[PDB]
Colleague: 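Structure of interest includes liranaftate; see the questions below.
Residues: numbered from 1 along the sequence shown. As the structure lists them, so they are numbered: ligands from 1, and atoms in each ligand from 1.
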Amino acid sequence: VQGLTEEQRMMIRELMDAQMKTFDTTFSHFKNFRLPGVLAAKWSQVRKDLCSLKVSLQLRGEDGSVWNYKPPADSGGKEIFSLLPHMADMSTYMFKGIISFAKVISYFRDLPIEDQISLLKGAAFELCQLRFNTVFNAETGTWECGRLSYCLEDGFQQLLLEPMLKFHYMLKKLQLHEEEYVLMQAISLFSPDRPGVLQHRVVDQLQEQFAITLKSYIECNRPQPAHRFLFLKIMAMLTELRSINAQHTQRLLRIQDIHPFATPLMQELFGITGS
Ligand SMILES: COc1cccc(N(C)C(=S)Oc2ccc3c(c2)CCCC3)n1
């Protein structure tokens, strides 16, 4: 790109290299996942917690066959948990790609292992949502995950009330480059204020370099009036994503409390000990 320092161009490359190596955009290796079965104040809030992300699910076979699953309606029972096992498998698959992404980046390997763990615990969800946005189809409200499709159930303005859905639509509208998505991932990963981080100074210095690189990238490759304040818009979305992360963590722990579903990797990322 233009106007970047050699160190910034190298920084952008290694992020792009790590994204290329660890983001299976066709989801070809997402396999052996569970699928929905065939044929007191907690519950009110878990009932409200689960209805926030209502999606149907399509599976296109290599032979051309199509399986499609329409979820039930909430009717006061355990049917609200039908996609929990499948969604756990997908998020687990994505978390593994995220962990692989961090471990390739030199700036991440060079951190102490305890801080590596702390940063991944704090940012794994956010980097997952950033990767899902690149396969989000805002015209059809569908995350195109290769042979899997997650379609939002029916208007458009009433769904933007859901913060994570609003995030995906608003982030998609910015029409970001691959380089800007991966820089967002690095900024979110290297957040110095996550619980348990010890090397706050180096992590803060690294994050600042990633933000400066992103600011510089935008200024060198986006002169259009539509991209005025784009960097600031991106940074605001990252703050919103952190809020959504905290929201979603409390959501998940409440559902986990009355209906266990978290995989071992999810338990590790969310602090669940097993006792
Ligand atoms: C109760 O909270 C839960 C339950 C189970 C899994 C999760 N996680 C951690 C994640 S990343 O779920 C998502 C979030 C967004 C999306 C998908 C999964 C799949 C495709 C559509 C976009 N969260």
Colleague: I'd love to know the main binding partner of liranaftate in this entry - how is it named in UniProt?
Modeller: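 It sits in most contact with Nuclear receptor subfamily 1 group I member 2.
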Colleague: Which residues from other chains neighbour liranaftate at a non-hydrogen distance under 4.0 Å?
Modeller: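 On a heavy-atom basis, the binding site is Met87, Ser91, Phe95, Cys128, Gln129, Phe132, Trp143, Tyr150, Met164, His248, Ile255, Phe261.
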Colleague: Output the list of atoms in liranaftate that are nearer than 4.0 Å to some heavy atom of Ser91, sorted by atom number.
Modeller: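 By the 4.0 Å cutoff, the relevant atoms are 6 (C), 8 (N), 9 (C), 10 (C), 11 (S).
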Colleague: I need the source organism for chain A from the PDB entry - what is it?
Modeller: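 Going by the entry: Homo sapiens.
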Colleague: With atoms numbered from 1 as shown, which atoms in liranaftate lie under 4.0 angstrom from a non-hydrogen atom of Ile255?
Modeller: 1 (C)
Colleague: What atoms in liranaftate come closer than 4.0 Å to a heavy atom of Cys128?
Modeller: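 Those of liranaftate that fall under 4.0 Å from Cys128 are 11 (S).
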Colleague: What atoms in liranaftate come closer than 4.0 Å to a heavy atom of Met164?
Modeller: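 Contacts of liranaftate toward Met164, numbered from 1: 14 (C), 15 (C).
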Colleague: Could you check which UniProt hyperforin-binding residues of chain A come within less than 4.0 Å of liranaftate, heavy atoms only?
Modeller: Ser91, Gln129, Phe132, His248
Colleague: Judging by distance only, is a nitrogen or oxygen of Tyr150 under 3.5 angstrom from one on liranaftate?
Modeller: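 No.
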Colleague: Which of the atoms of liranaftate are close to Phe261, meaning less than 4.0 Å from one of its heavy atoms?
Modeller: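 So the atoms of liranaftate that pass are 4 (C), 5 (C).
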Colleague: Under 4.0 Å from a heavy atom of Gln129: give me the atoms of liranaftate that qualify, with their elements.
Modeller: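 In order of number, 11 (S), 14 (C), 15 (C).
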Colleague: Which of the atoms in liranaftate, numbered in the order shown and given with their element, are less than 4.0 Å from a heavy-atom of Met87?
Modeller: 5 (C), 6 (C), 17 (C), 18 (C), 19 (C)
Colleague: Most of the contacts with liranaftate on chain A come from which UniProt domain?
Modeller: NR LBD
